[PDB]
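Entry overview - Streptogramin A acetyltransferase with dalfopristin in place.
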Amino acid sequence: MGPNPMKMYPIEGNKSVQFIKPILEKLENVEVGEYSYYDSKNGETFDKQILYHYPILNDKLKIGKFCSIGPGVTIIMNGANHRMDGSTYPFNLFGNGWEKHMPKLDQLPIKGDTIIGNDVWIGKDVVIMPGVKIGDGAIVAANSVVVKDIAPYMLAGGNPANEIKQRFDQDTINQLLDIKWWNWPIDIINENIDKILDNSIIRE
Amino acid sequence: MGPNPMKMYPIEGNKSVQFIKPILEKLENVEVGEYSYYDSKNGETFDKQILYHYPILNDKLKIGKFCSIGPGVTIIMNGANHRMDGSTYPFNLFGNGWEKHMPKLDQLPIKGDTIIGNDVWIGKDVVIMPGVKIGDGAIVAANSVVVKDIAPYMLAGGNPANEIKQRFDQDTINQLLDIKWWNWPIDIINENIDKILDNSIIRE
Amino acid sequence: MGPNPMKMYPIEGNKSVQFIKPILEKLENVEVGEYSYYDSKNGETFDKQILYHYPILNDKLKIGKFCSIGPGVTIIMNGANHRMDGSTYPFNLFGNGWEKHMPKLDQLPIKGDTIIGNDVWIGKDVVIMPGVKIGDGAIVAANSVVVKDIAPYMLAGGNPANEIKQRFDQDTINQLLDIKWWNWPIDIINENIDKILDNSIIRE
Ligand SMILES: CCN(CC)CCS(=O)(=O)[C@@H]1CCN2C(=O)c3coc(n3)CC(=O)C[C@H](O)/C=C(C)/C=C/CNC(=O)/C=C/[C@@H](C)[C@@H](C(C)C)OC(=O)[C@@H]12
Ligand SMILES: CCN(CC)CCS(=O)(=O)[C@@H]1CCN2C(=O)c3coc(n3)CC(=O)C[C@H](O)/C=C(C)/C=C/CNC(=O)/C=C/[C@@H](C)[C@@H](C(C)C)OC(=O)[C@@H]12
Ligand SMILES: CCN(CC)CCS(=O)(=O)[C@@H]1CCN2C(=O)c3coc(n3)CC(=O)C[C@H](O)/C=C(C)/C=C/CNC(=O)/C=C/[C@@H](C)[C@@H](C(C)C)OC(=O)[C@@H]12
């Protein structure tokens, strides 16, 4: 029961909702989970939303399963960073002899990898800056600009984005993070979808 | 004297300025005042700026008179809200038996109506969140994201948007509020335009 | 040695990077320095990023040398300001008799000129409001909305943008602002590029 987790366009008669995994299976350094989807703004594919991602920098992007990515969302990788121990002018890129001035292995600090958890809801036109992490069950308000990490099951928003409120109580979050319903077999999930929607899955 | 309040494009030689009322008089659940206008960004008509507005949700949009709306301003209605008491995943939307997991209207958050007062100036590319109320004579700095109510005759800006300062003294605001020059017959307004532009109408 | 400071498209095989000076050479009230460049978002030329710049107001735009402007950056001049001593409604624009209500020379306060210094890096999609001043060697985070001035060699971001950190210590900044490597003859610069990149040029 349900949509095929490996179909680029799960809903025929709607070429806007797309499954991310089947589309990003070809990309290097990008691990994406099943059922996570993207809501296109003008027909573009999610791969066009990943920016400044260069294999030579070795940074990686990780997206969990069952995520909701609104239209216009953008993920910024480490390619945007300029040198900062002196001038920020990229002499090297202009060539004609300036290519001598290319940064050495240790003069381009890296902020780290980008990992988005499971069951995460990202609003419209949100911008993700390099190296940030987002915990499971988090909700990011539309038009946010995230520079710092966001704890699991939190409500964040703004520019810069800040934590606004806890979705549930600690004990509930603790249990939810321990059962990880998203890793269950598809058949088991189907028999509990309701309990997952009302948060009663922590009881049974 | 003055432009025709019911012409789509009141200014000959300017296919950018539009009177909103004539444009949006066809829409369901949208109530707009006269003389309020929109400055087109690329030729689009203000209707394309109202997002996630569905008749089934019963939320209404109200805009006052004599308002100035900058280019790119968008208004987000309640249609963007996901279910929040559990997982934010929209199972129902994928079909294949999942349609049975469709939420009732009682299980969807309702933030209320969106109400814009009279004589309001909204800056370029401002985003308005659902259920927001903006008082008369208020000013919203460009590029703002409004998530909470804004008092009358207040200058707000930012993301999230916050109140910056009172345009005038309290007694002045109180006087303006119970005068409502915008409700005067057009011929009376014409003979007081200069007095309205300098705040001396409080001296009559 | 290096690229031609007078070539619209300095890099062969990349019609995105463009030199500002040659492109804005036609504009009145716009002065831009050598080597400062723009990274095009969709093939658009930088002149399309300067908004509300009206000769009648006489406000000027000044950009220094050796700057790095990210894609989508827009500069808002004084043509956006509305009258604020009373109603913000621009009666005058609609004509048909209301043209007689046109602000006097002193009924439209002006926030001043917009001056960006030398060696400054402005992030992607950053918006610059009217009258702001940005000192040399300052870094502006992407997606920022700058409403107030930024001091030399400071890091600022947010909406509204705030100064986050001082890149170096006072003595260093003081020394840098005193030598102004950006004003040296191109030949002398070429023999110190590496020294400029690691801030060792202060000890010569
Ligand atoms: C032979 C390699 N090719 C194929 C022809 C190009 C791929 S690349 O890895 O050399 C890439 C090109 C320039 N850099 C850009 O990000 C880039 C290139 O053009 C542009 N950016 C246009 C801009 O994006 C201007 C921007 O201001 C430049 C930025 C933000 C530079 C940030 C600092 N860049 C680096 O530290 C450069 C590292 C070098 C070593 C190269 C690799 C060869 C290692 O990687 C790039 O980022 C490189
Ligand atoms: C038979 C009814 N039709 C005609 C065929 C569709 C109209 S609808 O009212 O069922 C509409 C379709 C899906 N929902 C969307 O907003 C929508 C549909 O496709 C898309 N959105 C593409 C997206 O917008 C993906 C997006 O991420 C989905 C969102 C933001 C869902 C938010 C939560 N949605 C609701 O709570 C769904 C409520 C149901 C009950 C339906 C009505 C039948 C009541 O309304 C919709 O919002 C429904
Ligand atoms: C005869 C003069 N012409 C040729 C026909 C027009 C040039 S203009 O200098 O009168 C110009 C027209 C309206 N203003 C606009 O910014 C403008 C005109 O249409 C539009 N903007 C569409 C919009 O840009 C809507 C926008 O919301 C209007 C803005 C942001 C108004 C801000 C406040 N405007 C001023 O204070 C008006 C000053 C007057 C005096 C006029 C000059 C005659 C002095 O300048 C403009 O800014 C004027």
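Numbered from 1 within each chain, the chains take letters A, B, ... in sequence-line order. One-based numbering, in listed order, for ligands and for the atoms of each. Because only heavy atoms are used, hydrogens play no part in the values below, and waters and symmetry mates are left out as well, while side chains stay in.
- Counting only heavy atoms under 4.0 Å, the other chains near dalfopristin (ligand 2) are A, B.
- The source field of the entry for chain B reads Enterococcus faecium.
- For dalfopristin (ligand 2), the closest UniProt active-site residue in chain B and the least heavy-atom distance to 1 Å are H82(B), 3 Å.
- The binding site of dalfopristin (ligand 2), defined by non-hydrogen atoms within 4.0 Å, is formed by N14(A), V17(A), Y37(A), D39(A), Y54(B), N81(B), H82(B), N92(B), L93(B), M102(B), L108(B).
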